[PDB]
S.K.: 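Here's a structure for you.
The chains are labelled alphabetically, A first, in the order the sequence lines are listed. Just so it is clear, chain A uses the PDB entry numbers, and the residues here are 1-109, 115-162, in order. Chain B uses the PDB entry numbers throughout; the residues present, in order, are 1-109, 115-162. Scope of the values below: all heavy atoms of this structure, side chains included, with no hydrogens, waters or symmetry mates. Whatever order the structure lists them in is the order used to number ligands and atoms, beginning at 1. Method reported for this entry: X-ray crystallography, 1.9 Å.
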Number of protein chains: 2
Amino acid sequence: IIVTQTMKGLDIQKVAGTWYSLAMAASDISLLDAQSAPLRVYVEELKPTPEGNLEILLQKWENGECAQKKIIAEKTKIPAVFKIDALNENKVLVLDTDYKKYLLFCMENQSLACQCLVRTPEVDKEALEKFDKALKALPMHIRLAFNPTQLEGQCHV
Amino acid sequence: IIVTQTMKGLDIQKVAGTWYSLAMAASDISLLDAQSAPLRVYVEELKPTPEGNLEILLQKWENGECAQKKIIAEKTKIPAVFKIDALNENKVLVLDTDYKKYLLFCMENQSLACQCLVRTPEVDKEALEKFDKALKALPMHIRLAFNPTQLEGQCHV
Ligand SMILES: CCCCOc1ccc(OCCCN2CCOCC2)cc1
Ligand SMILES: CCCCOc1ccc(OCCCN2CCOCC2)cc1
């Protein structure tokens, strides 16, 4: 465990819909540095399922182009923690959300990336303040923030 | 002007000697993102001159290799502000330093990069706290921090 902060009383159905990745931070620079870095992922829409699993729609820069991706995160016994299947066991945690404006999450596993999601392409200084407070507890070495023009573009260009 | 914060009473001869670039931040992601990004520069030594100009020794990743660079920053009427000659007029400002441990500086010109320099390859949390306070005033969108192993390597690898 590195991330311990979780949303109390999370109702996953209420995170459905569109989101923007306003800012991102990660434990290691290589996770976010280039446009093609592995965790440089731009979240577009969250689609929880009736059983309370979570489909995640996002964009990622791969092979010189902006690709659409669709991921499923399986629920656990903890409502704020989900699991993605891979060669390694990857954990997704919801740290905090008010449903209507911002959502903070982290993905982990020793290594870690977190984002501040917002509902609209605006610089929400209070959401970023809450993101930065949550990151105080974590060993981050790279932090990115994006402007409204980028959020409204493709793969944040 | 963007950066307004300057070291009161700066004695430039006292910044001489070795330094490490513990952390960096910039106004635009492309200034720092890849290892070959333009402002990804790792400061190794400062050499003020008898007339109070400033030679700067650093490393930069260029063309797949770590190159040694030597730059001169010319003094101005303001002791904390220096100027580098280029196709554009580039301004270097000393924001704060205690000479013995940390030094904060920014280079500017609309666009901007700042670093936290430290004397030894240790994570100085107080120096980073002071860096982050100074950056609160500035429109940064990328921030990097480096670990002791990287500081002791070549071009921070
Ligand atoms: C409540 C917020 C849930 C969103 O969490 C995630 C967002 C993006 C993720 O993407 C991880 C990287 C996706 N890979 C990119 C490269 O291709 C394979 C998928 C994972 C979880
Ligand atoms: C008091 C601290 C002074 C140090 O300030 C600077 C540090 C690094 C700098 O480097 C700027 C980029 C150098 N270029 C890299 C690419 O080749 C040409 C030089 C400039 C000022």
S.K.: Determine the main partner chain of ligand 1 by heavy-atom contacts and give the name UniProt assigns.
M.R.: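 Chief contact partner: Beta-lactoglobulin.
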S.K.: Report the name of the drug modeled at ligand 1.
M.R.: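 Found there: pramocaine.
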S.K.: Which other chains does a heavy-atom search at under 4.0 Å around pramocaine (ligand 1) pick up?
M.R.: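 Non-hydrogen contacts: A.
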S.K.: Can you report which non-hydrogen protein atom sits closest to atom 5 (O) of pramocaine (ligand 1), along with the distance?
M.R.: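 Heavy-atom neighbour on the protein nearest atom 5 (O) of pramocaine (ligand 1): A/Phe105 CE1, 3.5 Å.
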S.K.: Output yes when a protein non-hydrogen atom is found under 4.0 Å of atom 21 (C) of pramocaine (ligand 1), and no otherwise.
M.R.: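 Yes, because at least one protein heavy atom sits under 4.0 Å from atom 21 (C) of pramocaine (ligand 1).
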S.K.: Tell me which protein heavy atom sits closest to atom 4 (C) of pramocaine (ligand 1), plus the residue, atom name and distance to 0.1 Å.
M.R.: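 I find the closest protein heavy atom is A/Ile56 CD1, 3.7 Å.
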S.K.: Hey, is A/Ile84 touching pramocaine (ligand 1) through its side chain, its backbone, both or neither, going by heavy atoms under 4.0 Å?
M.R.: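 Answer for A/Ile84: side chain.
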S.K.: Look at atom 11 (C) of pramocaine (ligand 1) and say which protein heavy atom is nearest, naming residue and atom and giving the distance to 0.1 Å.
M.R.: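 Residue, atom and distance for the closest contact: A/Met107 SD, 3.9 Å.
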S.K.: Determine, using heavy atoms of A/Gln120 and all atoms of pramocaine (ligand 1), whether some pair is separated by less than 4.0 Å.
M.R.: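 Contact absent.
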S.K.: Give a yes/no verdict on whether any heavy atom in A/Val41 is under 4.0 Å from an atom of pramocaine (ligand 1).
M.R.: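 It does; at least one heavy atom falls under 4.0 Å.
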S.K.: List the closest protein heavy-atom neighbour of atom 8 (C) of pramocaine (ligand 1): residue, atom name, distance to the nearest 0.1 Å.
M.R.: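 Looking only at protein heavy atoms, the one closest to atom 8 (C) of pramocaine (ligand 1) is A/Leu58 CD2, 3.4 Å.
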S.K.: Which residue and non-hydrogen atom of the protein lie closest to atom 15 (C) of pramocaine (ligand 1), and at what distance in Å?
M.R.: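 The closest heavy atom on the protein side is A/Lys60 CD, 3.8 Å.
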S.K.: Give me the nearest non-hydrogen protein atom to atom 3 (C) of pramocaine (ligand 1) as residue plus atom name, then the distance to 0.1 Å.
M.R.: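 Of the protein heavy atoms, A/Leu54 CD2, 3.8 Å lies nearest.
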S.K.: Can you report which non-hydrogen protein atom sits closest to atom 17 (O) of pramocaine (ligand 1), along with the distance?
M.R.: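 Sorting protein heavy atoms by distance from atom 17 (O) of pramocaine (ligand 1) puts A/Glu62 OE2, 3.7 Å first.
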S.K.: Do me a favour and list the nearest non-hydrogen protein atom to atom 19 (C) of pramocaine (ligand 1) with residue, atom name and distance?
M.R.: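 In this structure, atom 19 (C) of pramocaine (ligand 1) has A/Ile71 CD1, 4.2 Å as its nearest protein heavy atom.
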S.K.: Heavy-atom pairs closer than 4.0 Å: do any link pramocaine (ligand 1) to the side chain of A/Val15, the backbone, both, or neither?
M.R.: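 The answer is neither.
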S.K.: At a 4.0 Å heavy-atom threshold, which residues contact pramocaine (ligand 1)?
M.R.: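 By heavy-atom distance, those residues are A/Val41, A/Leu46, A/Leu54, A/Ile56, A/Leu58, A/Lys60, A/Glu62, A/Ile71, A/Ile84, A/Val92, A/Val94, A/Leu103, A/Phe105, A/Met107.
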